Amino acid sequence: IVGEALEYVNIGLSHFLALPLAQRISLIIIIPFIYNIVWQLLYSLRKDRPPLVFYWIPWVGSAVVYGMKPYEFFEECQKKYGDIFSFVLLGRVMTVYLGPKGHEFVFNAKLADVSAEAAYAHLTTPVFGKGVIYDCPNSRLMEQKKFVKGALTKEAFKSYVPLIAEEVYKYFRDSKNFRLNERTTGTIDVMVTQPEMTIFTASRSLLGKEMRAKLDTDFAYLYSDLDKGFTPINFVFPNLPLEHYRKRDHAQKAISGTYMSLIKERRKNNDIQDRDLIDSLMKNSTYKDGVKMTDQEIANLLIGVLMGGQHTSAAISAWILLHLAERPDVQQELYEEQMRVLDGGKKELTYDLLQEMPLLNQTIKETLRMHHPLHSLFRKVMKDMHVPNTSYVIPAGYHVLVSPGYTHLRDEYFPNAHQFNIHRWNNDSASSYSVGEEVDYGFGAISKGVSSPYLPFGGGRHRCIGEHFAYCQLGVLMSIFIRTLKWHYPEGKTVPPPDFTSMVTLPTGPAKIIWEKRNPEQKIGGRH
Ligand code: HEM
Ligand SMILES: OC(Cn1cncn1)(Cn1cncn1)c1ccc(F)cc1F
């Protein structure tokens, strides 16, 4: 008889509940540890699942090693398992597909298979505001991107270039980090200067003179507050009721309120031209179904676009300065190009002349290769996905992770990948180009194939639309840097390792360089 055994289950249960709370919590801690270990061993026996990276701590998973050094994590996993593997990340299962076929599998995934907004809305929506980017169906995002692109034309860039140039010179003249009329040499932290230069140039051109003017006041602190809400922390804790979450929410309201004030002021004055992105969205933000974006949604879209372009661009210009700091040969080569294209500096820089500066553009291109701002891009898996030429199935509820920035740094696709070499792009200085067929998801024709090992701007429906603005901004900025200054490292200093813990792969600061005026007695005009 096992009825007696059934009695002892009950008895055993009663004795369990009567254990000392020392052993009890000890069991509360050890019982999931064992189950988690057991479950993994069972999981590895499945062959319709990609290999899963082993981990000791339940829920946490490989979060530590991935959070701190994701490319080293990927390389070890790649050696062990190949290009497709999964790992647990703070409650989630992430399936990584490394390499060009991984680019295809994720970036060109069917709309019904994966969702970007399901992965990102929790973070971005509190920062940008409601109704836009990832707080809306994909079809709305497609048209929002179309609206923004309408202010990102060649004719717009022709107008932006002198505005951006003005801001760079103003910064050289007025910022305490330079003061070129008073000082001929100095030391700067590029992680201090580049965010400032980036927001000043982007505000002036995209938002206009009024909004740029606000950055000279205490209002600028709000952008810094809003900046704090844009952090990997908010992927896990999007809202816990403490301080920087409040200042974030406050900043969003305060900043969007300022934009709406200008929007409403321009319309009631009929003061709507073709100056900036605000004018453009005011004249062009009606969806195809006839629903118009509200002034709040327009304001929120402005925040998201400026914020995203802020962090990517500021990281890159910082990396460009840092790589050139130990390459006076490259500075010299870029300077000669400036002298030739701008006729010894007597030609005023224009958007057209920027396109005649291949080495400068190649420098941006090579920096984008070595320092892709976003080391990982996510999608939540919505339907079971079969991985082609495998028996692998990625079940709904998983997340897929694609990492073009990892491939950027592989010798197989870029010889001597860890060497900064702008000449690997000789006769290939364009920001990007489709090697064949195109397709339109609602914001213009783009590459249908996403198999390039070089994808600084992603691909597919979620592809970047700011690439030409970024090159314009970076180009003007670096053209002026090169013509005005020489710079180098403090003794014993070199290019710093990336900080993979922030939203973008910015350099580990403080990252200091020493600048010197090429023309010590050159003065920058204007009142101050
Ligand atoms: C060096 C500068 C930049 C780089 C490397 C970069 C990179 C990227 C990448 C990789 C994506 C794809 C994201 C994904 O697939 O989840 C993306 C998307 C996007 N970016 Fe950029 N970006 C840059 C600058 C900018 C600028 C200046 C703007 C706007 C003025 C901008 C606006 C956008 C927008 C609207 C998307 C669409 C996201 C989506 O559809 O889900 N970016 N960018
Ligand atoms: O793709 C981002 C969001 N993101 C994803 N991983 C980290 N941040 C970044 N970004 C890309 N280009 C510029 N910023 C984005 C996309 C659109 C957008 F409006 C804001 C925004 F942050």
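One-based numbering along the sequence shown. Just the heavy atoms: all of them, side chains too, but no hydrogens, waters or symmetry mates, feed the values below. Recorded method for this deposit: X-ray crystallography, 2.0 Å. As the structure lists them, so they are numbered: ligands from 1, and atoms in each ligand from 1.
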Undergrad: Provide the recorded name of the drug at ligand 2.
TA: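 It is the drug fluconazole.
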Undergrad: State which chain has the largest number of heavy-atom pairs within 4.5 Å of fluconazole (ligand 2), named as in the PDB entry.
TA: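 By most contacts, it's Lanosterol 14-alpha demethylase.
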Undergrad: Within fluconazole (ligand 2), which atoms have a heavy atom of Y120 less than 4.0 Å away?
TA: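 In order of number, 5 (C), 6 (N).
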Undergrad: Could you identify the single nearest non-hydrogen protein atom to atom 9 (C) of fluconazole (ligand 2) and state the distance to 0.1 Å?
TA: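 Ranking protein heavy atoms by distance from atom 9 (C) of fluconazole (ligand 2), first comes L374 CD1, 4.0 Å.
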Undergrad: For atom 12 (N) of fluconazole (ligand 2), what's the nearest protein heavy-atom neighbour? Residue, atom name and distance, please.
TA: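 Here the nearest protein heavy atom works out to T312 CG2, 4.1 Å.
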Undergrad: What do you think, any protein heavy atom under 4.0 angstrom from atom 2 (C) of fluconazole (ligand 2)?
TA: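 For atom 2 (C) of fluconazole (ligand 2) the answer is no, since every protein heavy atom stays at 4.0 Å or beyond.
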Undergrad: Short list, please: which atoms of fluconazole (ligand 2) are under 4.0 Å from a heavy atom of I133?
TA: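 The list of qualifying atoms is 19 (F).
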Undergrad: Using a cut-off of 4.0 Å, list the other ligands and ions near fluconazole (ligand 2).
TA: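 I find these: ligand 1 (protoporphyrin IX containing FE).
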Undergrad: Determine whether any protein heavy atom is located less than 4.0 Å from atom 15 (C) of fluconazole (ligand 2).
TA: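 It does not; no protein heavy atom is within 4.0 Å.
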Undergrad: Would you mind listing which atoms of fluconazole (ligand 2) come within a distance below 4.0 Å of any non-hydrogen atom of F128?
TA: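 So the atoms of fluconazole (ligand 2) that pass are 20 (C), 22 (F).
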Undergrad: Check if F457 has a non-hydrogen atom at a distance under 4.0 Å from any atom of fluconazole (ligand 2).
TA: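 No.
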Undergrad: Evaluate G308 for polar contact with fluconazole (ligand 2), using N/O atom pairs at a separation under 3.5 Å.
TA: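 Between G308 and fluconazole (ligand 2), an N or O pair is found under 3.5 Å apart.
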Undergrad: Nearest protein heavy-atom contact for atom 20 (C) of fluconazole (ligand 2): which residue, which atom, what distance?
TA: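 Answer, as residue, atom name and distance: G304 O, 3.3 Å.
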Undergrad: So which heavy atom in the protein is nearest atom 8 (N) of fluconazole (ligand 2), and how far is it from that ligand atom?
TA: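 Of the protein heavy atoms, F230 CZ, 3.7 Å lies nearest.
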Undergrad: Which residues lie close to fluconazole (ligand 2), i.e. with a heavy atom under 4.0 Å?
TA: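 At that heavy-atom cut-off, the residues are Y120, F128, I133, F230, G304, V305, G308, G309, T312, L374.
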Undergrad: Can you list every pair where an N/O of fluconazole (ligand 2) is under 3.5 Å from an N/O on the protein?
TA:
| unit_1 | atom_1 | unit_2 | atom_2 | d |
| --- | --- | --- | --- | --- |
| fluconazole (ligand 2) | 14 (N) | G308 | O | 3.2 |

